[PDB]
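The model presented next includes tobramycin.
We number each residue from 1, following the sequence as shown. Note that ligands are numbered from 1 as they come in the structure, with each ligand's atoms numbered from 1 the same way.
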Amino acid sequence: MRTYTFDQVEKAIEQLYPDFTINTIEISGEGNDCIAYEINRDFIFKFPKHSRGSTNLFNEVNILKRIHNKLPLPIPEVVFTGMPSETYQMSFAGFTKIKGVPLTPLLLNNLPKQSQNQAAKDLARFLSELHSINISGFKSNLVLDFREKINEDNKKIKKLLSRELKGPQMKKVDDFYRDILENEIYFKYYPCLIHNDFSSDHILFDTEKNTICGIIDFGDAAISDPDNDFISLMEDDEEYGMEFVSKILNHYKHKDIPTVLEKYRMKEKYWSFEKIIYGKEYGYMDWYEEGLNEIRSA
Ligand SMILES: NC[C@H]1O[C@H](O[C@H]2[C@H](O)[C@@H](O[C@H]3O[C@H](CO)[C@@H](O)[C@H](N)[C@H]3O)[C@H](N)C[C@@H]2N)[C@H](N)C[C@@H]1O
Ligand SMILES: [Cl-]
């Protein structure tokens with residue numbers, strides 16, 4: 001977990017962009033992978049906090065260059081790039097700022113119905129076009145096969161928790177994985193390009209027009225199940241809930257809604273294990289401790 005000063009930020013940019021004068025700078029945001037700085041109040045510069053987050057950022061830059069004029073909404077436009085080292089695949093990236101605020105569930109629910117419905121329509125169109133992008137050209141590395149992922153997660157959890165769980169608890173963990181892996185519905189899909197972190201904090205909104213004006217944070221994008229981009233919005237607490245996503249599904253012409261509901265339900269059940277595994281890979285020990293404690297009360 002690297003941190004940066006404004007000076008280190010400026011120096012790093014100046015080396016590669018000497019003719020770009022920096023007038024203003026301040027932290028605009030911070031995620032699990034990068035800190036973001038607002039330079040000149042007209043450009044968002046992401047710096048990785050660790051190597052994994054830099055690989056994320058490298059992925060983001062590379063996907064955005066392939067899809068930059070293929071979508072019905074604005075997306076982050078890469079303007080500045082950093083360099084690789086032995087530690088980071090990309091030392092930083094600078095993007096054009098997209099004005100707007102996140103379309104939070106609270107904001108969405110306070111909109112006139114007609115504007116809510118237009119938001120579901122515009123999200124559907126964006127997903128339908130995104131999931132229809134021809135991926136024949138793309139890197140095969142981007143393919144995230146869900147059956148391989150779940151099998152690998154089972155092995156990681158065994159590896160992580162072998163000495164933390166009593167034998168009968170570990171058997172029950174093994175049962176859970178074995179059960180998930182015998183259900184074909186989770187692993188039979190037609191892979192396409194997916195945003196893969198398609199949640200409300202990555203949907204920007206223009207409160208003057210009451211319309212969606214951007215989709216951001218493509219660092220998790222990959223070629224996997226397109227249903228991923230609906231289930232990320234179905235959570236009642238931090239996301240839009242079932243009523244609204246069912247509007248999105250209807251505009252998208254989804255043919256198998258009860259499968260999306262089944263995938264959401266399993267994902268919800270899977271969260272304790274995602275916290276254990278993501279906790280360790282992204283070095284968040286509280287995520288890891290909380291999931292481990294959920295499992296001991298399974
Ligand atoms: N905070 C508690 C919630 O955390 C997760 O969702 C949240 C995800 O954690 C958020 O995603 C973030 O965390 C995930 C890992 O969970 C990373 O893969 C992703 N790059 C990062 O942006 C995502 N963008 C929003 C979503 N509601 C759980 N899926 C649901 C849980 O209620
Ligand atoms: Cl319509």
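Across the structure, tobramycin can be traced to ligand 1. Short version: main partner of tobramycin, named per the PDB entry, is APH(2'')-Id. Heavy atoms under 4.0 Å from tobramycin belong to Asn32, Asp197, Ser199, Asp201, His202, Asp220, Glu235, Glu238, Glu239, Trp271, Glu274, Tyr278, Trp287.
Applying the 4.0 Å criterion to heavy atoms of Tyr278 picks out, from tobramycin, the atoms 15 (C), 17 (C), 18 (O). In terms of polar-atom proximity, defined here as any N/O pair under 3.5 Å, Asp197 does make such a contact with tobramycin.
At least one N or O atom of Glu238 sits closer than 3.5 Å to an N or O atom of tobramycin.
Close approach to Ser199 involves these atoms of tobramycin, each under 4.0 Å from a residue heavy atom: 23 (C), 24 (N), 25 (C).
Near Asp201, meaning under 4.0 Å from any of its heavy atoms, are these atoms of tobramycin: 24 (N). When each atom of tobramycin is checked for a heavy atom of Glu239 under 4.0 Å away, the hits are 25 (C), 26 (C), 27 (N). Within tobramycin, counting atoms from 1 as listed, the ones closer than 4.0 Å to a heavy atom of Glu235 are 6 (O), 26 (C), 27 (N), 29 (N), 30 (C).
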